[PDB]
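Complex: SCH 48973 / poliovirus type 2 coat proteins VP1 to VP4.
Residue numbers begin at 1 in each chain, while the letters A, B, ... track the order of the sequences. Heads up: this isn't the whole entry, just a piece of it, and contacts are only counted within that piece. Atoms within each ligand, like the ligands themselves, are counted from 1 in listed order.
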Amino acid sequence: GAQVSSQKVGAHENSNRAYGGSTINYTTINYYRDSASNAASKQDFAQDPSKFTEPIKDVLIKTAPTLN
Amino acid sequence: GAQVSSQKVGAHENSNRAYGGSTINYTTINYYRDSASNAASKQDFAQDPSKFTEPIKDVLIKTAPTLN
Amino acid sequence: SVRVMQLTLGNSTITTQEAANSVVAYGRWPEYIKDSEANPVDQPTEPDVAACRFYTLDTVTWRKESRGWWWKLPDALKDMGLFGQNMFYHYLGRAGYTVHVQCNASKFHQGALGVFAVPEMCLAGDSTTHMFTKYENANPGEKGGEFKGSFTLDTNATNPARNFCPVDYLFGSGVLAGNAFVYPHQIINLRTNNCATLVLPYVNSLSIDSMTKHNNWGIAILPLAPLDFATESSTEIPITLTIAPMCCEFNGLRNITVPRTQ
Amino acid sequence: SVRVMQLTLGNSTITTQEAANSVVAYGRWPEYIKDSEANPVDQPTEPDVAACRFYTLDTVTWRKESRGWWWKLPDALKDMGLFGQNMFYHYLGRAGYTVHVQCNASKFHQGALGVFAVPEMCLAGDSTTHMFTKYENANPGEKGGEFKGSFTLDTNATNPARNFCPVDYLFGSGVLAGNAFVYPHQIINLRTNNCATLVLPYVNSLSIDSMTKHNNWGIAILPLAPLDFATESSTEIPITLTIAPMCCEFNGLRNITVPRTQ
Amino acid sequence: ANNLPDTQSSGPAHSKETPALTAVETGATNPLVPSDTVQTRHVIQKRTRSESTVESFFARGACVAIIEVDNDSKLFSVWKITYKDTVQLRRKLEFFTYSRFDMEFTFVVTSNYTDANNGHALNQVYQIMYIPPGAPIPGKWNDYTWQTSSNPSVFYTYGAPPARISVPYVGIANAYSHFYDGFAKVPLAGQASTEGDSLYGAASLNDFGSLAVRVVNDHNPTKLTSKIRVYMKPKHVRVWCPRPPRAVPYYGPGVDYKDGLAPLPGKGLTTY
Amino acid sequence: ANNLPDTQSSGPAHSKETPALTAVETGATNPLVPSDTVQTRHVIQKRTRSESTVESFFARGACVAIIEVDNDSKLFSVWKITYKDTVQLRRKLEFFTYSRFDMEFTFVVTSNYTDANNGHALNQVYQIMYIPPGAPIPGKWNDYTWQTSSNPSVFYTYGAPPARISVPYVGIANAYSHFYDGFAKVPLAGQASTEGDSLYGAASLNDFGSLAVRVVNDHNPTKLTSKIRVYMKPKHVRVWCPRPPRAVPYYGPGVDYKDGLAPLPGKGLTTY
Ligand SMILES: COc1ccc(OCc2ccc(COc3c(Cl)cccc3Cl)cc2)c(Cl)c1
Ligand SMILES: COc1ccc(OCc2ccc(COc3c(Cl)cccc3Cl)cc2)c(Cl)c1
């Protein structure tokens, strides 16, 4: 039940282990039945800001005149 | 996600385990997502000192006259 | 074009020749409750055309000295035809809205109105007692309320007003008004448009709620650039508000609710 | 449309909402010297974005009594940032230009400005001595010069002005102004447009020349229909001139040139 | 939590497309990038928004309460669960109208002798009992309620690493409401003014219950005080409807204000 | 971190190749080995440079600060983060101009009664809060800043193994500069001498922020002092541009000197 993800290496050691292998991976295993007990995975996604930045009914191009 | 490397055995015990097998290997597993949390692998490489010892434009042979 | 539109809901139609597009809040169009998000088990009532139509609330007048106006939904529509009837006869109710604010002037007038639709628009009170505003004052109905230029604490201990004291630059809630642009909005700049149109989906942490106890949306109108004309220190232009509920569905029918007033 | 544009050069952008198209002189867009037309053999410098950008020269004011204005290129840009530096550090220089003249008013104003780009715009002097205008007077820089309504001969023999005397209807050179339309131009008629935009390629009988000794283009602005407003005998509207050099390449680098002044 | 787009090189322009001009009346923000208004070079973008994700923004244990017990009714204390007793976490949560997450609670317990030269006590054990709305609240530091046959309790031994427990999403709605524009009651026509009156913006009188804390050891005449600092961290976070942040000082559980109403300093219009 | 080459046997020579002669004016070092100037035997080399790798050279926890707090404003202390408060680690880092690495911080905490026969206190808990440049600095040992809703804090219980945390490469440049030949400001022509003046060799006024340390327990009239010794170890190390090491005593954060300017002893030219 182990989950193996890879790390985003910031500072690199003068090793090939700093660039590949299990040496740039980390392992995770959940010990509790309730999902609330789990830690945060932090592999979180993003989205389009459009719902806030452009909640416009008739879609407009920046090059084209906004007021038409 | 375990990384298995071999050790450089210095003092040898009167065992065959001191010369082979998993007995001369060591195991590693990263527990943290951030690479900063990792220990140092210490399997570090070397390089050519030439950039410091001979930062000369026109490469010269030691047997041959330096001033030509 | 971006400027000419026609909105038809039920037996009511609205036309405009100077629009600046329309905003659909959070990019969500109003919808009915899906079976996977349903909660009350009884068969809902959906008045449809009888409730989902354009209702014109009272016209307010904009002057150089105006600070702003506010309304609460569904509150402002509680006395509107069959929408109000269904609201009071049912324990639970849900609806989206099409808010159409109207304000025309001339080519020699200036001014800009910021029209904001705020989910859970909680306003600040007038006393040192927290959350002291009483039901009757929090729910003015179609006449709504107004913003003030400053905070004035009610000190009458014998007869506390128990009312709101929404200061304009503090957006009536302790936040800076310039940041209110994070909420769905449009601007009625007199040199550009006649109106502002916002389509609001139902927003809440539940699929359906009590319309009498809870107001889902708040409409705030603030003069971003004050009204000015030619040389007439004296200038007044009306601001009419027309709102149409959408996808109305009610649950929990019983005897009619008659709330306490004034 | 023919009326809305945006020009971007380097770190500068110009927008207009009331254009009347743009003119590309002689249908030629500026370009660099080709190897088949090259003359100086040394490697050229091409500042690119540092020199090829929009520089705004001083704003002049148009009144009912104005006769006209004129500028010389590259002269008017000699003190403009890194363009001027490269001009003075090199023996030879070449450049094209994008001239953008700006002039907005209102719907109750009238007037028309003729904007002409003239190759080898030689102007008439003020004395009986031929070709007597001195270098300092012929090269006013960014402030340019003005047209006059009549010719007035300089008679001070002790201290001759040695200046130009450009009469407006004679186009400052002994030709009738109405025929100046044979030169690339645009008209800023207040009831139609805000500006005039002209793209000028490098014009000369050589591929490259001395920018300090020789002015390739001349910009002449004449009121074709005088400025008039409502009933205000008093009316002033500014005319701003923004020019951007294009495809600049210089040859013959040495110590900097410091020309004599005033 | 990802990458940002590269900057593409952009040259000069002379066209009828004008991205610089717009009309903010529509309610939209102009999506311009540098190359729209200036000449740009190609830049390979390596910066990411990994730390500004909704999760990383809240992934910190914030203090929400400091419960105090004097082991010489103060032999036990009760804290009504809330996030509004402190200001820092509260302000961050209020950037949004609704939220849904799990909670991690860490308890830092400290104690000391009030007297510099008097008294002595053996190591203390604390009991932190959660009393869900409805359960009997302790009247004495040692009454029957502390049997916890159903209420969750945490027994902490002084000196041990801070205690820590996780709580699931416990709301009775599909999300937690940071703002509730309404009342729990509707006053009906005809009833006395005392009737149907409730607080504005309040839901249940007892939303999440409270914590009852006590020292389990028999109290000695020695003067001792203990403090339990409660730290809470939202994990597995989802938030809805952004709102402008609090600009003036908080004045209670509501959006009420009173004091620091002039937050901005003076600065000349033409002063850099 | 590897092997050294074997010595090959070398016999006598009588040739026109003269590796012994050179010209150091070129800026190069003569790469001779023993067999170039003497007769050598074959030696199979087994020694390696495993311990002199850049990583192994720095792989040690060095003391960079000793923060002191007196639990009877001294109830809390603030330490501006730096590696120049001590000399040993600083001198090693300065063998290079630039560096890039992660950091491991270990905190050794000690405390004691000032009085041999007076006072008593229960076990202490410490809070080590990191205040990034910009965050509010504590004014009192117990003001709102200690809520740490966003700042990283470490709560240490006295007597527990030393606390330890890791920090990533946090520089705003692509590498840390051990030397900065410049200023943060350029004085412009015309401005008052008070204007545009800044320290030579200084970048930001607040590079990495600081640490705020305090004892969380309520202070007792007893006289107590605690000291937090901060140990830092660079891990995942990369360094650029070697420099000669510091020969004379340090005199501040800069390369300034004043006192021990005559480091070398006397020795006869012809004395072994
Ligand atoms: C929108 O932001 C929110 C929403 C809900 C919150 O509190 C809900 C809540 C409900 C129950 C418990 C009970 O948790 C505990 C238990 Cl079982 C055992 C021991 C100790 C605790 Cl501590 C704790 C918090 C908070 Cl603090 C912020
Ligand atoms: C070239 O050599 C260098 C470069 C940078 C350095 O310091 C950078 C630095 C930045 C932030 C922190 C903050 O670290 C901490 C945190 Cl998050 C939490 C708790 C405690 C600490 Cl301690 C610590 C050090 C040092 Cl000491 C030497």
(Q) Can you tell me which other chains reach within 4.0 Å of SCH 48973 (ligand 1)? Heavy atoms only, strictly under. (A) E
Q. Which other ligands or ions approach SCH 48973 (ligand 1) to under 4.0 Å?
A. none
Q: Please list the residues near SCH 48973 (ligand 1), using 4.0 Å as the heavy-atom limit.
A: E:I81, E:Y83, E:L93, E:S99, E:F101, E:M103, E:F105, E:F107, E:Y130, E:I165, E:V167, E:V170, E:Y176, E:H178, E:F208, E:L211
